[PDB]
Amino acid sequence: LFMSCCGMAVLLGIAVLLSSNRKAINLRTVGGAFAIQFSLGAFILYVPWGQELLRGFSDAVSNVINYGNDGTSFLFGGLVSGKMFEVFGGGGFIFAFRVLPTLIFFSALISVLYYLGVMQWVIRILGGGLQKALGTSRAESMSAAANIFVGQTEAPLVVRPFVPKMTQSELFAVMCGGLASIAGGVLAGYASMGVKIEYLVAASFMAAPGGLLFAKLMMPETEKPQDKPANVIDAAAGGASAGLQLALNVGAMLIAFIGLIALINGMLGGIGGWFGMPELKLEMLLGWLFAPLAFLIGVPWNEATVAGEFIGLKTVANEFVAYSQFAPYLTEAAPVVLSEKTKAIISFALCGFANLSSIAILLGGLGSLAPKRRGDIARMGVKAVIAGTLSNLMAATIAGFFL
Amino acid sequence: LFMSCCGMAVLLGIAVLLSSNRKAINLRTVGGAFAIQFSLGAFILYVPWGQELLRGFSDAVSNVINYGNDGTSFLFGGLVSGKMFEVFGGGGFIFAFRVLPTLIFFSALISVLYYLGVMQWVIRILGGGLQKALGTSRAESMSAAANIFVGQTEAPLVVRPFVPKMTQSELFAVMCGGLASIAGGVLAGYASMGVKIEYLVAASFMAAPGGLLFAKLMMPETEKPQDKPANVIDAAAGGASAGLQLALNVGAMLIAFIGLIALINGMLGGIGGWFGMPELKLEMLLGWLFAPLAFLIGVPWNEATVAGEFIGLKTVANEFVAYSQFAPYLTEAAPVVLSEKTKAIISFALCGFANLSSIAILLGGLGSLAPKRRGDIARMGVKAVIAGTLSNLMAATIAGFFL
Amino acid sequence: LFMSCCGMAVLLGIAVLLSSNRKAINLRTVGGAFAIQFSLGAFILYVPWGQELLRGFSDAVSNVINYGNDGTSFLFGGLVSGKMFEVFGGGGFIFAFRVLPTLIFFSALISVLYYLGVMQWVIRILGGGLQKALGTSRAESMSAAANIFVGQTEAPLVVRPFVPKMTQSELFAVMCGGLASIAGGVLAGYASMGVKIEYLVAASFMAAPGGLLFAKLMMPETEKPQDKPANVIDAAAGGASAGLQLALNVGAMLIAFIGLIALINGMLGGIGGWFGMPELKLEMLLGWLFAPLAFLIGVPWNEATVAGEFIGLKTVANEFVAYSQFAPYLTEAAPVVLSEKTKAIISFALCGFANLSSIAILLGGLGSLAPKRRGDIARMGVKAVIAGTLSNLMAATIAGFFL
Ligand SMILES: CCCCCCCCCCO[C@@H]1O[C@H](CO)[C@@H](O[C@H]2O[C@H](CO)[C@@H](O)[C@H](O)[C@H]2O)[C@H](O)[C@H]1O
Ligand SMILES: CCCCCCCCCCO[C@@H]1O[C@H](CO)[C@@H](O[C@H]2O[C@H](CO)[C@@H](O)[C@H](O)[C@H]2O)[C@H](O)[C@H]1O
Ligand SMILES: CCCCCCCCCCO[C@@H]1O[C@H](CO)[C@@H](O[C@H]2O[C@H](CO)[C@@H](O)[C@H](O)[C@H]2O)[C@H](O)[C@H]1O
Ligand SMILES: Nc1ccn([C@@H]2O[C@H](CO)[C@@H](O)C2(F)F)c(=O)n1
Ligand SMILES: Nc1ccn([C@@H]2O[C@H](CO)[C@@H](O)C2(F)F)c(=O)n1
Ligand SMILES: Nc1ccn([C@@H]2O[C@H](CO)[C@@H](O)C2(F)F)c(=O)n1
Ligand code: NA
Ligand code: NA
Ligand code: NA
C-alpha cells in the first residue's frame, strides 16, 4: 500500500510543479478536495454500507440499460438476438448494433430527466456541498457535479449565463470537470462492452472532487469570482437526435482510428524491421512508455506493460478506443489474465474524456457559450488535459488502494 | 350503425364547442367538407367501382415499394433476403433494413415527381375542386390536397409565397392539413410493417376534406384572404438526402421512445405495486383511458381497451410508435385476434401526424416559411393538434360505418 | 489498333469543335498534355518497369484497404466475416458494411497525410512538372495533380486563395480536373467491389494530364493568369467525420437510384409493350445508344452494346451506380463473359466524377471558395462535364491500345 500512497504523492507533486502559482493554492480547497475523493473511495470501495449503495446504483443503471435495449431490439431484430452467438460465435456480438444505440437511448433519457428538473435537483445538492466545503464558486461547482452524468460540453449548460464572465480559474476548472469525467451515454456504452459498472459509476462520482482538485492546484483562484423543449416528448426527441449524432461520430471514429492503428502497426513492423524488431507495434511502444506510469499508480511489475498499452492509448487517442482494446481482457477469452485489482485500476484510469482531441471539442462546445473566451480555452487547453489525466490516475490509485 | 352516426355527431360537437366563433362557421364549407369525406368513404369503401379504384391505386403503390426494395437489397444484401427468416425466424425481419430505407426511396421519387410537374398537376386538380365546393381560399386548398402525398412541412411549399400574409384561419387550416395526414414516405413504411395499403391510401385522401372540415369548425374565416434542382437527377439526389435524414431521425426516435416506454413500464410496475397493481403498464393506462374514445368511433366493447392502447400511444407519442406496437396485431402471431372492422378503425385513427411533438415541428418547418408568424403557430398549436386528431377519428368512424 | 488511334482522333476532334477559340489553343500545352497521358499509358501499361511500379503502388493501396478493414470488422463483427458467405452465399457480401466504411477510413487517412505535409509534397512535384511542361498556371496545375487522390471539391483547397481571382480558363480547368478524376476514398470503395486497382490507380494518374488536355482544348487561356486541425488526431477525426457524411450520402443515393431505375424499368416494360417491346429496360436504351461510343474507344462489336450500358449509366447518373452494375461482370458469376481488354476499357471510361449532377456539386464545394464566381461555374458547367467525359474516354482508348 506504500506504493499507492507514494503514487498519490507524485501525482499531487506534478500538479504543484505545473501550477500557475503554487503560493496561491488554497490549502482548504485542495486539501478537502483530495479528502473527499479519498473518502468517497474509502466509502464505496471499502466500507460495507458504501459498497451496498454502489452495487445498488449500478444495478439500477444496469436495468435502465436493458430497458433501452428494447428499442434497439425492435430496430435490428435478430441481429441483436441470441441466435447471433450460435451462428457466428464471438463475432455474433455486433458492436454497431449492441453498443452504439445505447448512446441514443441514454441521451434521450437524460434529456427527459432535465425537463423534469430531476437532474438539476441532484446537481444542486452535489454542487452545493462542494462549494460549501472547498470554497469554490457556485458556477464551477455545479458544472463539476453536473459532469458526473453528462459530457464536457453539456455540463456547463447548467451555468451558461455565468461562463462568459467567470474567472480564468473558474473557466479552467470547468474545462477540467469535463476532461476528468465522462457522460452517462458512453458510460452505459462501456458497460455494454464488459466494463464493470461499479467502477464506471464510482469513477464518475470521484471526478467531481478530483476534477476540482487538480484544477485548483494547477490553476488556483487569483481573481474575484461573481455570485427548453415545449414538452417532455420533445425533450426525448431532442435528446435522441443528439445521441444519434454522437453515435454516428463515435462509430466513424472507431472505424477510422482502429483502421489507422492497424495501418500504423503495419508500418511499424517494416520500420522496426530495419532495427531488428519486426514485431514492433503501437501497443509495444505505448506499453513500454506508460509502464512506469502504470507501475506508479499501483499496477504490479509484471502487469505494468500491458496496462500501459491501454492507458497510453486512452491518452494519445481517446478512452473509447482504449476501452475497445481493453474489453477483450475482461472476458474468458482474454489473451492475458489480469488481476482483479489491475482490472479496476485500468477501468478507473481510462474513465475520462482527457485527451488532446478534447481541446478542439472544448473550443467547439464550451467555446460557443463564450466566443470571446476561446482564446483562453486554447491557451489553458494543454494544462487542462494534464489536469484531467491526473484526476483519472488519482482515482485509479485510490481504487487500487482500497482493493 | 347508430353508434357510428352518434360518433360522428360527438366529434362534430367537440369541434363546435372548441370553436373560436361558432357563429362564424360557414355552413357551406363545413357541410360540404363532411359531405365529401363521407361520400369519399362511401365511394372507396362501399360501392363496387370505388373499391376497384382503391385496390388499383394500392397495388400500384405496392409495386413501387417493391421496385424501391431493389435499392436496399443491393446495400444490405442477404440481411434483407429470405434466408433471414430461416436462420432467425420472426427476428429475421430487420426493421432498420426493411422499413427505414423505404423512406429514402419514396422521398427521392416524390422529389422527382415534383420536378416533372406531375405532383403539381394532381394537387392543382384536387385543390381546385375543394375551393370551388367549400369556398376555402386557393392557398389553403392546395396545401390540403398536397398533404395527401407529402408531409406537414413540405405541403405548404406549393404555396409558400402566400403563407406569410395568409389569414389566421388559413394558417390554422394549413397546420391542420398536415396534422390530419401523413406523408408518402412513411405511408410505404407502415405498409411494409403489415398495415393494409388500402386503408393508408384511403385515410390519406380523406385527410384533405377532413383536415379542412375541423379547421373551419374550430377556426372559421373571419378575415379576408387574398388571391428547384438543376435537373431530374439532382431532384432525386436531394430527395434521397432528405429521406436519409428522416430515416435516421425516425430510427433514433424509435430506439429511444420504445426504450423509454420499456423504462416507464418498469417503473409503473414498481409504483403500481404499492397499490396492489404490479402488472401496471403504459398500455393498460392508455387502453383504459382511450377505451371510451375507441368505443365511440365504432370499436366493439370487448375490443375498445386494446384499441385504446394504440390510439392513445399515437397521441401521447406519435403514429409511428403506435404502428410499431399495432403491427404485430396484424399477423398470425398476434396476442389478440381483432375483428377486421376494428383493424380498419385503428388503421384510420392512427393514420396521422397529429401529436404534441408536431407543434415544435410546425414551428420549425412551417415557421421557416413565415418567421413573423411563429407566434401564431405556437398559439394555435394545441387547437390544431386537436383538430387533426378529430379528422383521424372521423375517418375511422366513417370507415367503420361502411365496413 | 487503327480503331483506337481513330478513336483518339475523334475525341480530340470533338474538343476542338466545342472550343471557345480553336485559334487560341496553345499547341505546346495540348500537344504535351496528350503526349504525357499517352506516354503515361505506354509506361504503366506496356513497358516492363512501368508495370512493376503500377503493381507495386496498387498492392500498397490494397494493404491499406485491408488495414482499414480492421475498423469495420470491429464495428460490424461477424456481419463482415467469412461465415456470412456460408450462411447466405452471394448475398453474404453486405455492401453497406463492406464498401461504405472504406470511405470513412480513407477520408481520415488522407486528412492525416495532409496534416503531415505528405500530400502537399507529392502534389507540389506532380503539379510543378505539369506547369513546366505544358505552360499551364501554378494554381490550376496543383489542383490537377491534387485531383489524383482527392475529390473535385477538395482538390482546389490547395490553391483556394487563388480561386476567386483566377481566369475563366483556370477555373474551367479546375472544374475539369475534378470531373475527369475520382477520389482516394471511392477508389478503395470500387476496388472492394471487384474493380482492378491497377486500372483505378492508372486512370487516376492519367486524369491530371487528361483533365488539363481537354480543358485547354475546349477553353484555351485568353486572359493573363496571376502568380488546419490542432493536431494529427484532430485531422483524423475531421477526416472520419467527412467520410461518414459521404458514406451516408452515397448509401442513400444508391438505395434511391437503383430503386428508381427498378421503377423506370417497370414502366419501360409497360410503355414498351405498347410498341411490341415488353422486355424494354433502361440498360437496353443506354446500351443501344452508347454502343457506337463504346465501339469507338476500342470495344469489340459484339461487346459494344453491353459496354454501352455501363458507360451510359455512368453519364446519366454517376460512376458509383455504374460500377455497382458492372461489378457482377467482374466475377465468375457474370451474366456475360467479357474480354480482359473490354473489362479494362469500361474500368477506365467509368473512373470519373463526370456527370450532370456534379455541376450542382461544383456549385456547392468549389462555389463556396468563390461566391462571386458561381455564375461562371454554372455557365461552363455543361462544357466541363463534356470535357471530363472525354478525358475518361481517352484514358480508356489509350488503355485499350496498349492492351
Ligand atoms: C490514432 C492514434 C495514434 C497515436 C498518435 C499520437 C500522436 C500525438 C501528437 C500530438 O501533437 C501535438 O498535439 C497538440 C494538441 O493540441 C498540438 O498543440 C496545438 O494545440 C495546443 C493547444 O492549444 C497549442 O498549445 C499548441 O500551440 C498547438 O500546436 C500540437 O501542435 C501537436 O504537435
Ligand atoms: C414516451 C411516451 C410516453 C407518454 C407520456 C405522455 C406525456 C405528455 C405530456 C404533455 O405535456 C404538455 O405538452 C404541451 C405540448 O406543447 C406543453 O405545452 C406547451 O406548448 C403549448 C403549445 O404552444 C403551449 O400552449 C403551452 O403554453 C406550453 O406549455 C406543455 O407545457 C406540457 O406540459
Ligand atoms: C436515375 C437515372 C435515370 C436516367 C435519366 C437521365 C435523364 C437526364 C436529364 C438531364 O436534363 C437536363 O440536365 C441539365 C443539367 O444541369 C439541366 O441544365 C440546367 O443546368 C445547366 C448547367 O448550368 C444549364 O445550362 C441549363 O440552362 C439548365 O437547364 C437541364 O435543365 C436538364 O433538362
Ligand atoms: N458526451 C460526449 C461523449 C464523447 N465525447 C468525445 O468522444 C470521445 C469518445 O467517447 C471522448 O474522448 C470525447 F470526449 F472526446 C464528447 O466530447 N462528449
Ligand atoms: N414527412 C414527415 C414524416 C414524419 N414526421 C414526424 O415523424 C413522426 C413519425 O412519423 C410523425 O408523427 C411526425 F410528423 F411528427 C414529419 O414531421 N414529417
Ligand atoms: N469525394 C467525392 C466522392 C463522390 N462525389 C460524388 O458522388 C458520386 C458517386 O461517387 C460522384 O459521381 C460524385 F462526384 F458526384 C463527390 O462529389 N466527391
Ligand atoms: Na462529464
Ligand atoms: Na401530409
Ligand atoms: Na479528383
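As listed: the chains are lettered in turn, A, B, ..., one for each sequence line. Residue numbering in chain A adheres to the PDB entry, whereby the residues present occupy positions 3-229, 241-416 in order. Chain B is numbered as in the PDB entry, which gives 3-229, 241-416 for the residues shown. Heads up, chain C uses the PDB entry numbers, so what you see runs 3-229, 241-416. The figures here come from the full heavy-atom set of this structure, side chains too, leaving out hydrogens, waters and symmetry mates. Whatever order the structure lists them in is the order used to number ligands and atoms, beginning at 1.
- At ligand 5, the PDB records name the drug as gemcitabine.
- Here the macromolecule with the greatest number of atom pairs within 4.5 Å of gemcitabine (ligand 5) is listed in the PDB entry as NupC family protein.
- Under a 4.0 Å heavy-atom cut-off, the other chains found next to gemcitabine (ligand 5) are B.
- In this structure no covalent anchor for gemcitabine (ligand 5) is modeled.
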